[PDB]
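The model below depicts 17-beta-hydroxysteroid dehydrogenase type 1 holding estrone.
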Number of protein chains: 2
Amino acid sequence: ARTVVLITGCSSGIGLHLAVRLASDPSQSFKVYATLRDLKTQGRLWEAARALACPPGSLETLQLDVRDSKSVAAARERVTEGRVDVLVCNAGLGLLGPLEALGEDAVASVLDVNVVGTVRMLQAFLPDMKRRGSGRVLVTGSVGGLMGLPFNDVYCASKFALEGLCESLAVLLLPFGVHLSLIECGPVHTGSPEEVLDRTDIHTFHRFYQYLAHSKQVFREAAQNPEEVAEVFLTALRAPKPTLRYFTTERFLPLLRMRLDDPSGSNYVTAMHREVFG
Amino acid sequence: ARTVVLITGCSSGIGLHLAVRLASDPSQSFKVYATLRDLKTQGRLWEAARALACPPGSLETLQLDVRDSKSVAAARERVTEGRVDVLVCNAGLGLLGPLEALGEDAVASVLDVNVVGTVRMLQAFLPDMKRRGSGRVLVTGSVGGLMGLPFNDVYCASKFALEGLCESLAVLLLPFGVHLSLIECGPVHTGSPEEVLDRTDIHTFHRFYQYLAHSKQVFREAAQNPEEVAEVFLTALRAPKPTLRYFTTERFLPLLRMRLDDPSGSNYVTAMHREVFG
Ligand SMILES: C[C@]12CC[C@@H]3c4ccc(O)cc4CC[C@H]3[C@@H]1CCC2=O
C-alpha cells in the first residue's frame, strides 16, 4: 500500500513539479492528490504527468481552495484511502510593492492564503496523523521567511508567520511520530506604475523600480530548476529523523549567518540595504 | 508643540503606562495621543494620568480600531500638529491552545489585529514620515516572535510576522531617516478540558495541561511589569540611532542562542521541548 500524498497549489511551479516527481517515481510508492484552487488550470499538470509518464492511478486532481475550510473538508473526504501520509502545504501568494501602495484587500488575502490557509490544512489533516502516530508535513518556506526583503514587506510577514507557526507546532510534535519540516527556497523558475506613483512619494517610486531592476538580475543569476527544488522535498521525506528546516540553496546562508550573529538586527539592515541598492 | 507620540492599545497595560509615563515627563517634551479601540474604556487611562498630574494638553485620547482603516485615517487627521514623531504600534491579541481546537475566526482576528492592524498604521503614518525625512516607529514585539512556543502557534505566527514586516521596511527606510524598532517583551503581568480532548487527541491533551502548569510557573518567576517594559520603549525612543530590536529581559537569550546556532532548527526544537515539558 502506497504513501498517500496531498499537495496544495499544484497548478504551477514547485507544487506542479513535486506532484509529478512523486507520482512518476520508479518505486511507484506514491499516491498523489494534487490539489488546485481552480481545476481549469490543471492543464500544465497533466502535460507534465504524461511527459514523465506517471502510471495510471498515481495522480489525481482535487479542487482545494485554502481560503475556504469547506473546500478543505470536501477534498479531505475525496481521499479514498481515508488517510494522508504526506501533506505538502505549498499553496502561496506573493505581493510586491511599497507598503503604502498595497491595497488592504491584497494584504489580507496574502495572510489569509499563506498563513490562515496553512492553519486550515493543519486543522483538517494534523489530528489524524497525531491519532495514528505517523505522518509527514512539508511546508514550502522562503528566503523571505528568514530575512526581510524591501518592498516584500507583507510577503515576508506571511513567510515569517509560517516559520513561527511551524516551529511552534514542531516543538509539540517532536515525540508524536509526526514530522513537520520547512523547505526554504530562494527564487525559482516556474499595481500599474501610475497607481504606484499616485500612492507613494517620488523617492520610494525611484527606489522601487530600482529594486525591480536589481531583483530581475538576481533572478536571472539565481533562480533554480523546480525539479531540483522538488527533489529536496524528496530528501526530507526519505530522511528517518527529518530536521525542521531544509534549504534548497546555500547562496543565502552567509547572510543568514550574519543576521543571526547580531541580535539587535542593524548589521543585517545595512548589508541588505547595500546588497540591494548599489 | 513638542515630540508628538501616538500610541495604540492604551486602555491598559504597556500602552496605558507608556502614555502616562510620557505625558508626565517634567520637561513636558511630549504630546501624547493615546488611542483606544473603544473610547468608553478610557476610565483607567485618565485615572492614571491624574495620579501623575499629567498637564492639560500633554495627553489626548482618540478612538482608533486597528481593524478599520477608516478608524485609522480619522485618528490620523485628528493630530492637530499635522505630524507624528513617534508611532507606537502596540495593539495586540493572544491565542492559547492546541491549533485544531481554535476557531477559524479567532485565528483570523488575531492576524488581523496583530499583523494587518500594524500594516494599516504603517500605511497611514509612514508616508508623512518619509516626505519629512524623519520619524520613529516603536512596535510591541515578543520573544514568541523570535522563537516558536508550543500551544501559541498563532500568537507566534503573528509576532514572527511583525519581525518580517518591520525588518523588510527597515532596509527600505534607512535613506529616508525613518527608524523602526521592535521591543521584544517576554511574558508580562496583567473551552473546558473535555472539549479539548474531544477536538484534539490523548498525547496532545496531556502535553497541553503539562504546558499550562509549566507556563504558570514561568509567569510567576519571569513576568515583567508593564512599567518596566514601558521603560525600555523610552530607551528606544531616546536612542540617537535606535537598533531594529531591543530586549526587555536577559532570561531567554540562552534558548534564543540555541536557535540562531542551528539553522536546521533541530537543536532549538529539542531544547524548547525539554525546557517546557521537563
Ligand atoms: C514557553 C515559556 C512559557 C511562556 C512564555 C511566554 C508567555 C507569553 C508571552 O506573550 C511570551 C512568552 C515568552 C516566553 C515563554 C516561555 C519560554 C519558556 C517557557 O516555558
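Every chain is numbered from 1, with letters handed out A, B, ... down the list of sequences. One-based numbering, in listed order, for ligands and for the atoms of each. Heavy-atom basis, side chains included; hydrogens, waters and symmetry copies ignored. Header lists the method as X-ray crystallography, 2.2 Å.
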Quick one: which ligands or chains are estrone? ligand 1
Mind listing the other chains that have a non-hydrogen atom under 4.0 Å from estrone? B
Atoms of estrone less than 4.0 Å from B:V276 heavy atoms? 20 (O)
Protein heavy-atom partner closest to atom 12 (C) of estrone - residue, atom, separation in Å: B:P187 CD, 3.7 Å
What is the closest protein heavy atom to atom 15 (C) of estrone, and at what distance does it sit? B:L149 CD1, 4.1 Å
Quick test: of every protein heavy atom, which one is nearest to atom 2 (C) of estrone, and how far off is it to 0.1 Å? B:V218 CG1, 4.5 Å
Which residue and atom name correspond to the protein heavy atom nearest atom 14 (C) of estrone, and how close is it? B:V143 CG1, 3.6 Å
Has estrone got any nitrogen or oxygen that is less than 3.5 angstrom from a nitrogen or oxygen of B:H214? yes
Source organism for chain B according to the entry? Homo sapiens
Identity and distance of the protein heavy atom lying nearest atom 8 (C) of estrone: B:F219 CZ, 3.6 Å
When you measure from atom 16 (C) of estrone to every protein heavy atom, which one gives the shortest distance, and what is it? B:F252 CE2, 4.0 Å
Looking only at protein heavy atoms, which one is nearest to atom 3 (C) of estrone, and how far off is it? B:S215 CB, 3.7 Å
Is there at least one pair of N or O atoms, one from B:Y155 and one from estrone, spaced under 3.5 Å apart? yes
